[PDB]
Amino acid sequence: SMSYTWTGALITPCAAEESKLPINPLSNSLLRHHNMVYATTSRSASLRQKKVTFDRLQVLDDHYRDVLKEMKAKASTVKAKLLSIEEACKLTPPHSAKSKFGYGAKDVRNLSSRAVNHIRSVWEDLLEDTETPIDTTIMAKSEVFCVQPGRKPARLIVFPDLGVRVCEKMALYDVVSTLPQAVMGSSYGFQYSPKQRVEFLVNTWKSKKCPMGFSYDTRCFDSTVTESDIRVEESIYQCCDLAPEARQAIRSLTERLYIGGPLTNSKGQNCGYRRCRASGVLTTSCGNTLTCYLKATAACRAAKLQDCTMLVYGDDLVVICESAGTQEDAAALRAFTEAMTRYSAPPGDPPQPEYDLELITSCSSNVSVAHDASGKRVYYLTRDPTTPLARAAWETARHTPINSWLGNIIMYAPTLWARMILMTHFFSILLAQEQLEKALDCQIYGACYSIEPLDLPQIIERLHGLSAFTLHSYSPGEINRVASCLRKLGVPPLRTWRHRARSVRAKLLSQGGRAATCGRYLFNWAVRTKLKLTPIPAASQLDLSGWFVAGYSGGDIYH
Ligand SMILES: CCO[P@]1(=O)N=C(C2=C(O)[C@H](C(C)(C)C)N(CCC(C)(C)C)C2=O)Nc2ccc(NS(C)(=O)=O)cc21
(Lines of atoms letter the chains of each structure in order from A and count residues from 1; the text may use other names and numbers.)
(Lines give C-alpha, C1' and ligand atoms only; values in the text may rest on other atoms or scores of the structure.)
Protein backbone atom coordinates (compact mmCIF):
# COMPACT_ATOMS: atom_id res chain seq x y z
CA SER A 1 0.00 0.00 0.00
CA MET A 2 1.00 3.51 -0.98
CA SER A 3 1.55 6.00 1.76
CA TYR A 4 -0.40 8.59 -0.33
CA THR A 5 -2.22 8.79 -3.62
CA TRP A 6 -2.70 12.20 -5.29
CA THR A 7 -5.35 13.67 -7.65
CA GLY A 8 -3.25 16.42 -9.15
CA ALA A 9 -4.80 19.35 -7.24
CA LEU A 10 -2.13 21.54 -5.65
CA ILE A 11 -1.31 21.88 -1.95
CA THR A 12 -2.35 25.52 -1.67
CA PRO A 13 -1.57 28.40 0.74
CA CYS A 14 -4.36 30.34 2.54
CA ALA A 15 -2.37 33.63 2.54
CA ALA A 16 0.75 35.28 1.13
CA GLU A 17 3.91 33.35 2.04
CA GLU A 18 7.11 35.06 3.11
CA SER A 19 10.36 33.29 2.15
CA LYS A 20 13.26 35.86 2.50
CA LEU A 21 14.66 37.24 5.77
CA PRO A 22 13.77 40.93 5.89
CA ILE A 23 16.54 43.53 6.11
CA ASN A 24 15.84 44.89 9.58
CA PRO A 25 18.18 46.62 12.02
CA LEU A 26 17.10 44.43 14.95
CA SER A 27 17.68 41.12 13.12
CA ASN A 28 20.75 42.54 11.41
CA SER A 29 22.47 43.14 14.80
CA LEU A 30 22.23 39.38 15.33
CA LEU A 31 22.77 37.99 11.83
CA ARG A 32 24.14 39.96 8.85
CA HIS A 33 24.10 37.21 6.18
CA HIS A 34 20.35 37.59 5.65
CA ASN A 35 20.35 35.91 2.22
CA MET A 36 21.40 32.68 3.85
CA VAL A 37 18.16 32.52 5.83
CA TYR A 38 14.95 31.35 4.16
CA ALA A 39 11.48 30.10 4.99
CA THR A 40 9.82 27.19 3.17
CA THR A 41 6.51 27.81 1.31
CA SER A 42 3.81 25.79 -0.56
CA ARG A 43 5.88 26.47 -3.74
CA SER A 44 8.10 23.47 -2.84
CA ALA A 45 5.25 21.16 -1.75
CA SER A 46 5.37 18.83 -4.77
CA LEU A 47 9.04 18.01 -4.03
CA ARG A 48 7.99 16.92 -0.55
CA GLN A 49 4.95 15.03 -1.95
CA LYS A 50 7.37 13.00 -4.06
CA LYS A 51 9.65 12.24 -1.07
CA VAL A 52 6.77 11.14 1.21
CA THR A 53 4.95 8.93 -1.36
CA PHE A 54 6.07 5.28 -1.60
CA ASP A 55 4.99 1.66 -1.22
CA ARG A 56 5.56 0.10 2.21
CA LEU A 57 7.09 -3.39 2.68
CA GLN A 58 6.09 -4.99 6.03
CA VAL A 59 6.78 -8.53 7.32
CA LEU A 60 6.08 -9.15 11.04
CA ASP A 61 7.82 -12.01 12.86
CA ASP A 62 7.88 -13.67 16.30
CA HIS A 63 10.15 -11.05 17.92
CA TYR A 64 7.65 -8.32 16.89
CA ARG A 65 4.63 -10.28 18.22
CA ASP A 66 6.45 -11.15 21.49
CA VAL A 67 7.40 -7.56 22.08
CA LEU A 68 3.88 -6.38 21.29
CA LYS A 69 2.39 -8.77 23.93
CA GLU A 70 4.81 -7.46 26.55
CA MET A 71 3.79 -3.88 25.75
CA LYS A 72 0.07 -4.79 25.98
CA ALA A 73 0.60 -6.50 29.37
CA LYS A 74 1.91 -3.18 30.69
CA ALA A 75 -0.84 -1.15 28.97
CA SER A 76 -3.34 -3.39 30.83
CA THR A 77 -2.38 -1.62 34.10
CA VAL A 78 -3.71 1.74 32.79
CA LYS A 79 -7.00 3.37 33.73
CA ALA A 80 -7.77 6.33 31.46
CA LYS A 81 -10.43 8.93 32.02
CA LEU A 82 -12.75 10.56 29.56
CA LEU A 83 -12.10 14.33 29.64
CA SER A 84 -15.15 16.61 29.98
CA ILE A 85 -16.00 19.08 27.16
CA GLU A 86 -14.76 21.92 29.46
CA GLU A 87 -11.34 20.33 30.08
CA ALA A 88 -10.87 19.53 26.34
CA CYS A 89 -11.82 23.06 25.37
CA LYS A 90 -9.27 24.59 27.79
CA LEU A 91 -6.50 22.46 26.23
CA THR A 92 -7.14 24.18 22.85
CA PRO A 93 -4.56 26.81 21.88
CA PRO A 94 -6.09 30.32 21.63
CA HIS A 95 -4.89 30.60 17.96
CA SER A 96 -5.66 27.01 16.88
CA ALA A 97 -7.13 26.79 13.33
CA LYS A 98 -10.82 27.83 13.23
CA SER A 99 -13.53 25.22 12.44
CA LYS A 100 -15.05 25.25 8.97
CA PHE A 101 -18.46 25.16 10.85
CA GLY A 102 -18.66 28.79 12.05
CA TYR A 103 -16.58 29.04 15.24
CA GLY A 104 -12.92 29.20 16.24
CA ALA A 105 -10.52 28.46 19.11
CA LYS A 106 -11.57 31.54 21.10
CA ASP A 107 -15.17 30.32 20.94
CA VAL A 108 -14.03 26.83 21.97
CA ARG A 109 -12.07 28.33 24.90
CA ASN A 110 -15.11 30.52 25.86
CA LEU A 111 -17.45 27.47 25.69
CA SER A 112 -19.77 29.38 23.30
CA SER A 113 -23.00 27.59 22.55
CA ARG A 114 -22.19 27.13 18.82
CA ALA A 115 -18.77 25.55 19.50
CA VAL A 116 -20.11 23.32 22.28
CA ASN A 117 -23.15 22.20 20.24
CA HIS A 118 -20.95 21.43 17.27
CA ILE A 119 -18.44 19.48 19.43
CA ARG A 120 -21.27 17.38 20.96
CA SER A 121 -22.66 16.51 17.50
CA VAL A 122 -19.11 15.49 16.46
CA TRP A 123 -18.78 13.26 19.55
CA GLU A 124 -22.18 11.66 18.95
CA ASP A 125 -21.24 11.04 15.31
CA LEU A 126 -18.06 9.25 16.52
CA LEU A 127 -20.26 7.07 18.74
CA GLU A 128 -22.75 6.18 15.96
CA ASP A 129 -20.70 5.99 12.76
CA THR A 130 -17.80 3.57 12.98
CA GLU A 131 -16.54 3.71 9.37
CA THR A 132 -17.03 6.93 7.33
CA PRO A 133 -13.64 8.56 6.64
CA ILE A 134 -13.23 11.93 8.36
CA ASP A 135 -11.96 14.84 6.25
CA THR A 136 -8.50 16.34 6.70
CA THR A 137 -6.72 19.44 5.44
CA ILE A 138 -3.27 19.19 3.96
CA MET A 139 -0.98 22.27 4.18
CA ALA A 140 2.68 23.12 3.60
CA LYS A 141 4.34 24.11 6.90
CA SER A 142 6.45 27.25 6.85
CA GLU A 143 9.81 26.65 8.65
CA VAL A 144 13.01 28.72 8.67
CA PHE A 145 16.48 27.35 7.86
CA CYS A 146 19.96 28.33 6.81
CA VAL A 147 20.93 27.44 3.21
CA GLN A 148 23.20 24.32 2.84
CA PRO A 149 26.72 24.10 1.27
CA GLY A 150 20.56 24.02 -1.65
CA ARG A 151 17.06 24.18 0.00
CA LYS A 152 14.78 21.90 2.07
CA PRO A 153 11.23 21.58 0.70
CA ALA A 154 8.30 22.44 2.94
CA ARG A 155 7.06 19.77 5.34
CA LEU A 156 3.41 18.83 4.98
CA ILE A 157 0.87 18.77 7.80
CA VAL A 158 -2.41 16.88 7.82
CA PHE A 159 -5.07 17.73 10.40
CA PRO A 160 -8.84 17.33 11.03
CA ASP A 161 -11.34 20.06 11.83
CA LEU A 162 -11.35 21.83 15.27
CA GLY A 163 -14.49 19.95 16.42
CA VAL A 164 -12.80 16.61 15.82
CA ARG A 165 -9.59 17.77 17.57
CA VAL A 166 -11.58 18.62 20.74
CA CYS A 167 -13.20 15.13 20.63
CA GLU A 168 -9.77 13.50 20.27
CA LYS A 169 -8.75 15.20 23.54
CA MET A 170 -11.91 13.95 25.28
CA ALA A 171 -11.32 10.35 24.24
CA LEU A 172 -7.50 10.19 24.26
CA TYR A 173 -5.72 13.01 26.14
CA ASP A 174 -5.40 10.94 29.34
CA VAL A 175 -4.37 7.84 27.37
CA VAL A 176 -1.62 9.63 25.36
CA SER A 177 -0.42 11.43 28.54
CA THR A 178 -0.17 8.22 30.74
CA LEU A 179 0.18 5.10 28.58
CA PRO A 180 3.56 5.66 26.94
CA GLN A 181 5.46 5.79 30.29
CA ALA A 182 3.39 2.85 31.62
CA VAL A 183 4.45 0.85 28.51
CA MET A 184 8.03 1.99 27.89
CA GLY A 185 9.22 2.99 31.40
CA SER A 186 12.66 4.65 31.37
CA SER A 187 12.82 4.48 27.57
CA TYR A 188 10.07 7.07 27.14
CA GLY A 189 11.89 10.36 26.44
CA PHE A 190 9.12 12.90 27.02
CA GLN A 191 9.12 12.22 30.79
CA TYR A 192 12.57 13.86 31.24
CA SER A 193 13.53 17.46 31.84
CA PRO A 194 16.84 18.33 30.24
CA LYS A 195 18.90 17.57 33.40
CA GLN A 196 16.99 14.29 33.88
CA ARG A 197 17.61 13.38 30.22
CA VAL A 198 21.38 14.02 30.45
CA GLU A 199 21.57 12.02 33.71
CA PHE A 200 19.70 9.07 32.07
CA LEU A 201 22.10 9.08 29.06
CA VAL A 202 25.23 9.43 31.15
CA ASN A 203 24.18 6.79 33.69
CA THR A 204 23.12 4.34 30.93
CA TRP A 205 26.48 4.91 29.21
CA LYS A 206 28.50 4.40 32.41
CA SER A 207 26.40 1.28 33.38
CA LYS A 208 27.89 -0.78 30.49
CA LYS A 209 31.30 -2.57 30.76
CA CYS A 210 32.17 -1.37 27.24
CA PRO A 211 29.43 0.87 25.85
CA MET A 212 28.46 1.19 22.19
CA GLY A 213 25.62 3.41 20.98
CA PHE A 214 23.89 4.56 17.82
CA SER A 215 21.06 6.76 16.68
CA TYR A 216 18.71 5.36 14.01
CA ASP A 217 17.11 7.83 11.57
CA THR A 218 14.02 6.43 9.77
CA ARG A 219 13.48 7.99 6.32
CA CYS A 220 10.07 9.84 6.36
CA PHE A 221 8.81 8.09 9.52
CA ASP A 222 5.14 9.16 9.26
CA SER A 223 4.93 7.68 5.76
CA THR A 224 6.48 4.36 6.90
CA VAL A 225 3.63 3.90 9.44
CA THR A 226 1.25 1.35 7.91
CA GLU A 227 -2.47 0.73 8.58
CA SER A 228 -1.44 -2.42 10.49
CA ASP A 229 0.85 -0.27 12.67
CA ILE A 230 -2.01 2.07 13.50
CA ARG A 231 -4.36 -0.83 14.38
CA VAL A 232 -1.60 -2.35 16.55
CA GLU A 233 -1.33 1.00 18.29
CA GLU A 234 -5.12 0.91 18.91
CA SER A 235 -4.79 -2.66 20.28
CA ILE A 236 -2.49 -1.15 22.93
CA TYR A 237 -4.94 1.73 23.72
CA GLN A 238 -7.78 -0.81 24.02
CA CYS A 239 -5.93 -2.56 26.94
CA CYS A 240 -6.65 0.51 29.08
CA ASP A 241 -9.66 0.61 31.34
CA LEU A 242 -11.91 2.98 29.37
CA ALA A 243 -15.35 4.60 29.62
CA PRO A 244 -17.53 2.85 27.01
CA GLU A 245 -17.94 6.10 24.98
CA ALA A 246 -14.16 6.49 25.08
CA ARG A 247 -13.73 2.93 23.87
CA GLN A 248 -16.06 3.60 20.87
CA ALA A 249 -14.53 7.02 20.13
CA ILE A 250 -11.06 5.41 19.98
CA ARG A 251 -12.32 2.60 17.67
CA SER A 252 -14.12 5.12 15.43
CA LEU A 253 -11.21 7.60 15.37
CA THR A 254 -8.82 4.77 14.53
CA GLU A 255 -10.89 3.63 11.46
CA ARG A 256 -12.12 7.02 10.30
CA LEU A 257 -9.07 9.22 11.01
CA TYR A 258 -5.86 7.61 12.17
CA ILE A 259 -5.51 4.79 9.61
CA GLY A 260 -6.08 7.19 6.76
CA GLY A 261 -8.54 9.33 4.89
CA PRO A 262 -9.16 11.96 2.26
CA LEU A 263 -6.98 15.08 1.92
CA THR A 264 -8.48 18.46 1.06
CA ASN A 265 -6.40 21.54 0.22
CA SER A 266 -7.07 25.07 1.55
CA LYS A 267 -9.30 25.79 -1.50
CA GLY A 268 -11.57 22.85 -0.61
CA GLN A 269 -10.40 20.65 -3.50
CA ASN A 270 -9.88 16.90 -3.15
CA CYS A 271 -6.09 16.52 -3.13
CA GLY A 272 -5.55 12.79 -2.42
CA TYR A 273 -5.73 10.00 0.06
CA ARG A 274 -3.51 9.11 3.05
CA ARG A 275 -2.77 5.53 4.28
CA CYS A 276 -0.13 6.46 6.84
CA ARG A 277 0.34 8.58 9.97
CA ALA A 278 -1.15 12.08 9.99
CA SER A 279 1.23 14.63 11.53
CA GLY A 280 -1.51 16.78 12.97
CA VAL A 281 -3.50 14.47 15.27
CA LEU A 282 -3.43 13.96 19.07
CA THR A 283 -1.95 10.45 18.80
CA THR A 284 0.97 11.34 16.47
CA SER A 285 3.59 11.53 19.20
CA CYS A 286 2.33 8.60 21.30
CA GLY A 287 1.71 6.40 18.23
CA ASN A 288 5.05 7.23 16.74
CA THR A 289 6.83 6.52 20.03
CA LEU A 290 5.06 3.16 20.59
CA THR A 291 5.65 2.10 16.98
CA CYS A 292 9.31 3.07 16.99
CA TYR A 293 9.80 1.36 20.39
CA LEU A 294 8.02 -1.80 19.24
CA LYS A 295 9.94 -2.05 16.00
CA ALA A 296 13.30 -1.15 17.55
CA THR A 297 12.97 -3.51 20.58
CA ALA A 298 12.09 -6.48 18.32
CA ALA A 299 14.97 -5.55 15.91
CA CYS A 300 17.43 -5.39 18.83
CA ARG A 301 16.50 -9.05 19.58
CA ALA A 302 16.76 -10.04 15.88
CA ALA A 303 20.23 -8.43 15.77
CA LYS A 304 21.33 -10.01 19.09
CA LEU A 305 22.46 -6.68 20.55
CA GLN A 306 23.44 -7.26 24.20
CA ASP A 307 21.94 -5.34 27.15
CA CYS A 308 20.23 -2.63 25.13
CA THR A 309 18.83 0.51 26.67
CA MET A 310 16.78 2.70 24.34
CA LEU A 311 15.66 6.33 24.46
CA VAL A 312 12.73 7.08 22.21
CA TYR A 313 11.07 10.45 21.33
CA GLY A 314 8.50 9.71 18.66
CA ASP A 315 10.44 8.80 15.55
CA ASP A 316 13.78 9.68 17.19
CA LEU A 317 15.70 6.64 18.51
CA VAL A 318 18.94 6.12 20.41
CA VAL A 319 20.21 2.72 21.55
CA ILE A 320 23.04 2.16 24.04
CA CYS A 321 24.30 -1.37 24.52
CA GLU A 322 27.25 -3.58 25.42
CA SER A 323 29.90 -3.84 22.73
CA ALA A 324 30.77 -7.27 21.41
CA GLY A 325 33.87 -5.80 19.65
CA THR A 326 34.24 -3.53 16.55
CA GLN A 327 33.44 -6.03 13.76
CA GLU A 328 30.64 -7.78 15.62
CA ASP A 329 29.02 -4.41 16.56
CA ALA A 330 29.20 -3.35 12.92
CA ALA A 331 27.55 -6.65 11.85
CA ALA A 332 24.93 -6.47 14.67
CA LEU A 333 23.95 -2.97 13.69
CA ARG A 334 23.54 -3.98 10.00
CA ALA A 335 21.27 -6.88 11.19
CA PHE A 336 19.29 -4.36 13.26
CA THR A 337 18.78 -2.22 10.14
CA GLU A 338 17.56 -5.19 8.10
CA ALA A 339 15.06 -6.12 10.84
CA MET A 340 13.76 -2.51 11.01
CA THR A 341 13.61 -2.50 7.17
CA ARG A 342 11.37 -5.59 7.23
CA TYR A 343 9.09 -3.83 9.77
CA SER A 344 8.67 -0.94 7.25
CA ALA A 345 11.29 1.39 8.86
CA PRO A 346 14.41 1.60 6.69
CA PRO A 347 17.07 4.12 7.54
CA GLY A 348 17.78 7.47 5.89
CA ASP A 349 21.53 7.22 6.47
CA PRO A 350 22.82 3.86 7.68
CA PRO A 351 23.38 3.94 11.46
CA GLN A 352 26.99 4.07 12.68
CA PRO A 353 28.30 2.45 15.90
CA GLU A 354 29.67 5.06 18.27
CA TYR A 355 32.10 4.48 21.21
CA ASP A 356 32.02 7.99 22.61
CA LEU A 357 28.77 9.29 24.18
CA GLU A 358 29.25 12.81 22.87
CA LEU A 359 29.13 11.52 19.26
CA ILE A 360 25.53 10.22 19.65
CA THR A 361 22.70 12.52 18.52
CA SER A 362 19.20 12.24 20.04
CA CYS A 363 16.73 14.98 18.90
CA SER A 364 19.62 16.70 16.97
CA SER A 365 21.38 17.08 20.34
CA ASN A 366 24.55 15.71 21.85
CA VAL A 367 26.00 15.51 25.38
CA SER A 368 28.98 17.80 26.04
CA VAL A 369 30.92 18.77 29.20
CA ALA A 370 31.63 22.09 30.91
CA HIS A 371 32.72 22.96 34.49
CA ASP A 372 30.76 24.66 37.28
CA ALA A 373 32.04 27.48 39.66
CA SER A 374 33.84 24.84 41.82
CA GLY A 375 35.58 23.16 38.84
CA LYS A 376 33.31 20.05 38.86
CA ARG A 377 32.41 18.46 35.50
CA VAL A 378 28.78 19.07 34.41
CA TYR A 379 27.17 17.21 31.50
CA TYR A 380 24.63 19.13 29.40
CA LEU A 381 22.83 18.87 26.08
CA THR A 382 23.65 21.09 23.11
CA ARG A 383 23.33 21.13 19.33
CA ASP A 384 24.60 22.93 16.29
CA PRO A 385 23.17 26.49 16.77
CA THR A 386 22.67 27.21 13.02
CA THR A 387 18.94 26.58 12.87
CA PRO A 388 18.26 28.20 16.24
CA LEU A 389 20.11 31.35 15.21
CA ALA A 390 18.47 31.55 11.68
CA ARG A 391 15.09 31.17 13.43
CA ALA A 392 15.94 33.72 16.16
CA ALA A 393 16.78 36.26 13.38
CA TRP A 394 13.46 35.58 11.59
CA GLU A 395 11.45 35.91 14.80
CA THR A 396 13.22 39.23 15.59
CA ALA A 397 12.08 40.68 12.25
CA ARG A 398 8.63 38.98 12.16
CA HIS A 399 5.93 38.47 14.81
CA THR A 400 5.50 34.67 14.81
CA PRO A 401 2.95 32.38 16.54
CA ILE A 402 5.51 30.26 18.39
CA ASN A 403 8.83 31.72 19.49
CA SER A 404 11.43 29.01 18.80
CA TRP A 405 13.98 31.26 20.52
CA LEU A 406 12.21 31.04 23.88
CA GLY A 407 12.00 27.28 23.68
CA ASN A 408 15.75 27.20 22.82
CA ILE A 409 16.66 29.45 25.77
CA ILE A 410 14.65 27.28 28.20
CA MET A 411 15.80 23.86 26.95
CA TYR A 412 19.39 24.77 25.95
CA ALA A 413 19.98 27.26 28.81
CA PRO A 414 23.37 25.76 29.85
CA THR A 415 24.88 26.06 26.35
CA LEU A 416 27.34 28.85 25.55
CA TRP A 417 25.33 29.91 22.52
CA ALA A 418 21.92 30.21 24.30
CA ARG A 419 23.54 32.16 27.11
CA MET A 420 25.93 34.42 25.24
CA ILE A 421 23.78 35.10 22.11
CA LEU A 422 20.06 34.30 22.57
CA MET A 423 19.69 35.69 26.13
CA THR A 424 21.77 38.79 25.31
CA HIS A 425 19.92 39.52 22.07
CA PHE A 426 16.36 38.94 23.30
CA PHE A 427 16.80 40.59 26.72
CA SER A 428 18.32 43.57 24.92
CA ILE A 429 15.25 43.90 22.66
CA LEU A 430 12.67 43.25 25.45
CA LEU A 431 14.34 45.86 27.68
CA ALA A 432 14.37 48.51 24.86
CA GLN A 433 10.72 47.83 24.05
CA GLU A 434 9.67 47.54 27.74
CA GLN A 435 8.11 44.07 27.13
CA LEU A 436 9.96 42.00 29.79
CA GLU A 437 6.59 41.34 31.49
CA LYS A 438 4.67 40.28 28.35
CA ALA A 439 3.93 36.54 28.20
CA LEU A 440 5.21 34.81 25.03
CA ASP A 441 4.21 31.49 23.44
CA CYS A 442 6.67 28.63 22.92
CA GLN A 443 6.46 24.91 22.31
CA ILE A 444 8.08 22.42 24.69
CA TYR A 445 7.74 18.71 23.68
CA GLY A 446 5.02 19.75 21.27
CA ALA A 447 2.69 21.54 23.73
CA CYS A 448 2.20 25.32 23.63
CA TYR A 449 3.08 27.28 26.84
CA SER A 450 2.71 30.94 27.63
CA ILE A 451 5.88 32.11 29.50
CA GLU A 452 6.99 35.52 30.83
CA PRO A 453 10.68 36.17 30.09
CA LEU A 454 11.10 37.45 33.68
CA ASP A 455 10.32 33.96 35.00
CA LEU A 456 13.31 32.44 33.08
CA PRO A 457 15.73 32.24 36.04
CA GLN A 458 13.49 29.94 38.09
CA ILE A 459 12.37 27.91 35.03
CA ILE A 460 16.08 27.31 34.13
CA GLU A 461 16.97 26.40 37.74
CA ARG A 462 14.25 23.75 37.90
CA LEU A 463 15.03 22.22 34.50
CA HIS A 464 18.83 22.33 34.64
CA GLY A 465 19.96 23.21 38.21
CA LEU A 466 21.92 26.25 39.35
CA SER A 467 25.03 25.10 37.43
CA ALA A 468 23.27 26.45 34.27
CA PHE A 469 24.28 29.96 35.48
CA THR A 470 27.90 29.10 36.35
CA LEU A 471 29.17 26.86 33.52
CA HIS A 472 32.50 27.84 32.03
CA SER A 473 35.48 26.03 30.45
CA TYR A 474 33.38 24.64 27.57
CA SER A 475 34.98 21.93 25.34
CA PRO A 476 37.22 23.01 22.40
CA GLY A 477 34.91 21.13 19.97
CA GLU A 478 31.80 22.98 21.20
CA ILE A 479 33.48 26.40 21.17
CA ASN A 480 34.79 25.83 17.63
CA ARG A 481 31.29 24.65 16.40
CA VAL A 482 29.69 27.81 17.77
CA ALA A 483 32.47 30.08 16.49
CA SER A 484 32.38 28.62 12.94
CA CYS A 485 28.59 28.82 12.87
CA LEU A 486 28.82 32.57 13.74
CA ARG A 487 31.32 33.18 10.96
CA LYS A 488 29.14 31.36 8.43
CA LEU A 489 25.96 33.28 9.37
CA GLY A 490 27.55 36.74 9.88
CA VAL A 491 26.70 36.65 13.60
CA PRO A 492 29.06 38.92 15.63
CA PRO A 493 31.78 36.95 17.48
CA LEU A 494 31.42 35.88 21.15
CA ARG A 495 33.59 38.82 22.38
CA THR A 496 30.95 41.18 21.01
CA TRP A 497 28.16 39.30 22.76
CA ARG A 498 30.11 39.59 26.05
CA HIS A 499 30.25 43.39 25.63
CA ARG A 500 26.54 43.59 24.82
CA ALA A 501 25.61 41.36 27.77
CA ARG A 502 27.44 43.58 30.31
CA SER A 503 25.31 46.49 29.17
CA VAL A 504 22.02 44.46 29.24
CA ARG A 505 22.96 43.10 32.71
CA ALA A 506 23.50 46.57 34.22
CA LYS A 507 20.13 47.84 32.88
CA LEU A 508 18.41 44.76 34.32
CA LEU A 509 20.08 45.16 37.77
CA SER A 510 19.10 48.87 37.82
CA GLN A 511 15.40 47.99 37.40
CA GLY A 512 15.26 45.84 40.56
CA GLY A 513 12.71 43.09 41.14
CA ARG A 514 12.37 40.16 38.78
CA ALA A 515 14.42 42.06 36.13
CA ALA A 516 17.38 42.34 38.54
CA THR A 517 17.16 38.57 39.19
CA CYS A 518 17.47 38.03 35.39
CA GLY A 519 20.55 40.27 35.46
CA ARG A 520 22.07 38.44 38.42
CA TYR A 521 21.51 34.86 37.27
CA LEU A 522 21.25 34.91 33.50
CA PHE A 523 24.25 37.22 32.98
CA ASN A 524 26.64 36.28 35.78
CA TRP A 525 28.87 34.77 33.05
CA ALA A 526 29.38 38.32 31.61
CA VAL A 527 31.29 39.67 34.65
CA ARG A 528 34.63 38.66 36.24
CA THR A 529 33.61 39.77 39.79
CA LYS A 530 30.87 37.17 40.07
CA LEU A 531 27.81 37.30 42.28
CA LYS A 532 27.46 34.23 44.54
CA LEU A 533 24.18 32.66 43.39
CA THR A 534 21.87 30.73 45.74
CA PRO A 535 18.63 28.84 45.03
CA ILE A 536 15.89 31.19 43.77
CA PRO A 537 12.93 30.89 46.29
CA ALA A 538 10.40 31.14 43.39
CA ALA A 539 11.97 28.00 41.76
CA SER A 540 10.79 25.34 44.28
CA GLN A 541 7.31 27.03 44.24
CA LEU A 542 6.89 26.85 40.34
CA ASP A 543 4.04 24.56 39.09
CA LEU A 544 5.81 22.50 36.40
CA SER A 545 3.26 19.68 36.64
CA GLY A 546 2.45 18.77 33.06
CA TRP A 547 5.81 20.03 31.61
CA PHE A 548 7.61 16.72 31.02
CA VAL A 549 4.86 14.13 31.21
CA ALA A 550 4.37 13.44 27.48
CA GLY A 551 4.90 14.56 23.92
CA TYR A 552 2.11 16.19 21.91
CA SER A 553 3.66 17.24 18.58
CA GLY A 554 0.87 17.94 16.12
CA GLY A 555 -1.64 17.42 18.92
CA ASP A 556 -3.03 20.97 19.25
CA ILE A 557 -2.29 21.10 23.08
CA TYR A 558 -1.97 24.29 25.13
CA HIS A 559 -1.03 24.53 28.86
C1 LIG B 1 8.57 18.32 16.51
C2 LIG B 1 8.70 19.13 17.82
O3 LIG B 1 7.88 18.58 18.85
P4 LIG B 1 8.57 17.62 19.97
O5 LIG B 1 7.60 17.16 20.91
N6 LIG B 1 9.72 18.53 20.82
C7 LIG B 1 10.97 18.16 20.92
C8 LIG B 1 11.95 19.02 21.64
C9 LIG B 1 11.75 20.16 22.32
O10 LIG B 1 10.58 20.70 22.71
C11 LIG B 1 13.07 20.87 22.51
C12 LIG B 1 13.08 22.25 21.77
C13 LIG B 1 14.51 22.83 21.75
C14 LIG B 1 12.56 22.17 20.31
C15 LIG B 1 12.20 23.31 22.44
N16 LIG B 1 14.08 19.91 22.00
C17 LIG B 1 15.36 19.73 22.68
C18 LIG B 1 15.21 18.94 23.98
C19 LIG B 1 16.54 18.57 24.68
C20 LIG B 1 17.32 19.86 25.01
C21 LIG B 1 16.23 17.83 26.00
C22 LIG B 1 17.34 17.62 23.75
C23 LIG B 1 13.39 18.83 21.53
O24 LIG B 1 13.94 17.84 21.06
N25 LIG B 1 11.48 17.00 20.29
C26 LIG B 1 10.76 16.06 19.49
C27 LIG B 1 11.43 14.96 18.96
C28 LIG B 1 10.79 14.02 18.18
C29 LIG B 1 9.42 14.15 17.95
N30 LIG B 1 8.80 13.18 17.16
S31 LIG B 1 7.23 13.11 16.73
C32 LIG B 1 6.79 14.33 15.48
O33 LIG B 1 7.10 11.80 16.18
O34 LIG B 1 6.42 13.29 17.86
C35 LIG B 1 8.75 15.24 18.48
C36 LIG B 1 9.41 16.19 19.26
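Following the PDB entry, chain A shows residues 1-149, 153-562, kept in their order. Note that ligands are numbered from 1 as they come in the structure, with each ligand's atoms numbered from 1 the same way. Structure method, as recorded: X-ray crystallography, 2.0 Å.
Against ligand 1, the chain with more heavy-atom contacts than any other is given by UniProt as RNA-directed RNA polymerase.
As PDB records put it, the drug at ligand 1 is IDX375. Near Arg200, with a cut-off below 4.0 Å to any heavy atom, the atoms of IDX375 are 21 (C), 22 (C). Which parts of IDX375 touch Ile447 is read off a 4.0 Å heavy-atom cut-off, strictly below it: atoms 10 (O). In the vicinity of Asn411, heavy-atom distances shorter than 4.0 Å reach the IDX375 atoms 13 (C).
Residue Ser556 holds the heavy atom nearest to atom 1 (C) of IDX375 of all those in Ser556, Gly558, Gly290.
The parts of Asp318 lying near IDX375 are both backbone and side chain, judged by heavy-atom distances below 4.0 Å. The option from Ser288, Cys295, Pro197, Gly557 that lies nearest to atom 34 (O) of IDX375, judged by heavy atoms, is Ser288. For atom 23 (C) of IDX375, the nearest protein heavy atom is 4.0 Å or more away. Nearest residue to atom 5 (O) of IDX375 from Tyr448, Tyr415, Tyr316, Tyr383 is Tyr448 (criterion: closest heavy atom). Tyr555 does not count as a contact of IDX375, since none of its heavy atoms falls under 4.0 Å from the ligand. With a heavy-atom cut-off of 4.0 Å, IDX375 reaches these UniProt Mg(2+)-binding residues of chain A: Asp318.
When the heavy atoms of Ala450, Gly317, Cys366 are ranked by distance to atom 27 (C) of IDX375, first place goes to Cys366. Proximity to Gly449 (heavy-atom distance under 4.0 Å) selects the following atoms of IDX375: 3 (O), 4 (P), 5 (O), 6 (N).
There is no protein heavy atom closer than 4.0 angstrom to atom 14 (C) of IDX375. Of all atoms in IDX375, listed by their number and element, those nearer than 4.0 Å to a heavy atom of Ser368 are 22 (C). Only the backbone of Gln446 comes within contact range of IDX375, with a heavy atom under 4.0 Å; no side-chain atom does. The binding-site residues for IDX375 (non-hydrogen atoms, 4.0 Å) are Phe193, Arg200, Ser288, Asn291, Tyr316, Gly317, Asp318, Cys366, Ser368, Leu384, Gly410, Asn411, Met414, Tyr415, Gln446, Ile447, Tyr448, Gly449, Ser556.
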